[PDB]
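Numbered from 1 within each chain, the chains take letters A, B, ... in sequence-line order. Both backbone and side-chain heavy atoms feed into the values below; hydrogens, waters and symmetry mates do not. As the structure lists them, so they are numbered: ligands from 1, and atoms in each ligand from 1.
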Amino acid sequence: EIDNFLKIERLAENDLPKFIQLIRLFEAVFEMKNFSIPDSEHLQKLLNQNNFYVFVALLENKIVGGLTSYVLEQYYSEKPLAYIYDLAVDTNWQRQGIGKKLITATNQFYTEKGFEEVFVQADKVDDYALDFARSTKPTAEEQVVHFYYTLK
Amino acid sequence: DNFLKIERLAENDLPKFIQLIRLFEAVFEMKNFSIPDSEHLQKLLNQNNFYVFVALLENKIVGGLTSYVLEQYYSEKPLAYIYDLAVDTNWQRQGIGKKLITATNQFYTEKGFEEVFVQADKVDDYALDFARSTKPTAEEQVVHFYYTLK
Ligand SMILES: CN[C@@H]1[C@@H](O)[C@@H](O[C@@H]2[C@@H](O)[C@H](O[C@H]3OC(CN)=CC[C@H]3N)[C@@H](N)C[C@H]2N)OC[C@]1(C)O
Ligand SMILES: CN[C@@H]1[C@@H](O)[C@@H](O[C@@H]2[C@@H](O)[C@H](O[C@H]3OC(CN)=CC[C@H]3N)[C@@H](N)C[C@H]2N)OC[C@]1(C)O
Ligand SMILES: [Ca+2]
Ligand SMILES: [Ca+2]
Ligand SMILES: [Ca+2]
Ligand SMILES: [Mg+2]
């Protein structure tokens with residue numbers, strides 16, 4: 001069974017090729033139109049940051065899913081928060097346990113680092129993403145409203 | 001008012017950062033709260049990805065907000081996440097929160113960011129009322145999930 005072959009890996013600084021592969025998976029799975037990938041100098045800078053962690057799911061050397069996360073150091077606690085910003089699984093591999101393994105590995109990593117909490121969000125209209133998140137034993141869920149300002 | 005000043009905190013502003021944290025504790029009615037040690041708070045203030053704005057009447061902090069820079073992989077232009085915003089209860093509904101948002105967006109515009117965002121709980125009418133008054137570009141209904149770690 002694939003469970004005995006799937007590997008979850010946290011990307012290191014030499015993993016720009018795998019990071020680009022995951023961004024391409026995001027482009028495909030989120031159906032991003034007219035996307036121009038940032039230059040590799042920028043993506044390398046991001047991968048080098050101490051507050052950004054990428055996890056990928058691999059079968060052989062093929063990336064079948066992954067997630068991105070940001071560290072938010074807190075002023076209320078000495079234990080940080082982690083914000084999972086994106087998670088996606090290749091459409092051919094969905095509903096096979098990969099997303100759950102990615103969440104498990106991510107939360108294990110941040111537990112070992114002494115973080116307080118990990119969080120992730122889904123759009124109210126995204127039935128697929130909500131059903132997934134509700135299957136990962138989250139501590140709680142809350143309805144929230146997101147506001148943004150597009151800058152000039 | 002013209003006496004109101006908006007200040008972006010710098011690395012020599014730990015005392016004002018602590019006053020803003022205490023304002024948060026009071027305005028959010030935070031429970032079972034013990035402030036981190038000042039070594040920790042100074043290290044956070046010194047981060048290149050964290051910016052605090054405060055509102056002052058003379059020496060008194062009457063509101064403020066905190067924000068995190070999120071460098072993107074979909075764009076070279078970054079995002080800013082406004083994490084907390086509060087105004088002292090005695091000074092609310094006098095334009096202070098709107099002035100803080102304006103100053104924050106102006107700052108991130110000058111630095112070439114793509115977008116600033118902020119969130120409110122769906123049950124929090126007061127915070128939803130305030131955010132909608134700041135003329136945001138759009139709003140979206142989302143579900144927030146958290147995992148409390150051992
Ligand atoms: C116009 N500027 C935009 C900016 O407002 C923001 O829009 C977000 C929107 O795409 C998100 O839904 C997409 O995102 C993902 C994961 N990446 C999965 C499903 C996708 N349909 C939504 N959850 C939050 C929205 N705020 O991010 C994109 C942007 C181009 O920067
Ligand atoms: C148990 N772990 C906790 C973690 O889940 C989280 O709880 C959040 C709670 O404070 C927030 O309430 C405050 O939000 C703010 C801004 N600070 C102003 C209005 C307040 N009502 C609520 N909006 C969302 C909750 N998830 O923060 C504390 C924690 C200890 O880390
Ligand atoms: Ca393209
Ligand atoms: Ca460039
Ligand atoms: Ca100052
Ligand atoms: Mg085209």
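- Looking at ligand 2, the drug among zopolrestat, gemcitabine triphosphate, sisomicin, carvedilol, bimatoprost is sisomicin.
- Going by contact count, the macromolecule most engaged with sisomicin (ligand 2) is what the PDB entry calls aminoglycoside acetyltransferase meta-AAC0020.
- The chains other than those of the drug that have a heavy atom under 4.0 Å from sisomicin (ligand 2) are A, B.
- Geometrically, sisomicin (ligand 2) and B/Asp84 share a nitrogen or oxygen pair separated by less than 3.5 Å.
- For atom 18 (C) of sisomicin (ligand 2), a protein non-hydrogen atom is found at a distance below 4.0 Å.
- This entry records no covalent attachment of sisomicin (ligand 2) to a chain.
- If you check which protein heavy atom lies closest to atom 28 (C) of sisomicin (ligand 2), you get A/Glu116 OE2, 4.5 Å.
- Taking a distance limit of 4.0 Å, we find that atom 23 (N) of sisomicin (ligand 2) is approached by some protein heavy atom.
- Of the protein's non-hydrogen atoms, A/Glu117 OE1, 5.0 Å is the one closest to atom 7 (O) of sisomicin (ligand 2).
- Proximity annotation for atom 20 (C) of sisomicin (ligand 2): of B/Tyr147, B/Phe28, B/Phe24, B/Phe28 comes nearest, heavy atoms only.
- At a 3.5 angstrom cut-off on N or O pairs, B/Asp121 counts as close to sisomicin (ligand 2).
- Atom 10 (O) of sisomicin (ligand 2) is not flagged as protein-proximal [any protein heavy atom, distance under 4.0 Å].
- According to the entry, the source organism of chain B is uncultured bacterium.
- Heavy atoms of A/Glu142 found under 4.0 angstrom from sisomicin (ligand 2) belong exclusively to the side chain.
- Heavy atoms within 4.0 Å of sisomicin (ligand 2) belong to A/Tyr76, A/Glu116, A/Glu117, A/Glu142, B/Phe28, B/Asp84, B/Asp121, B/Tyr146.
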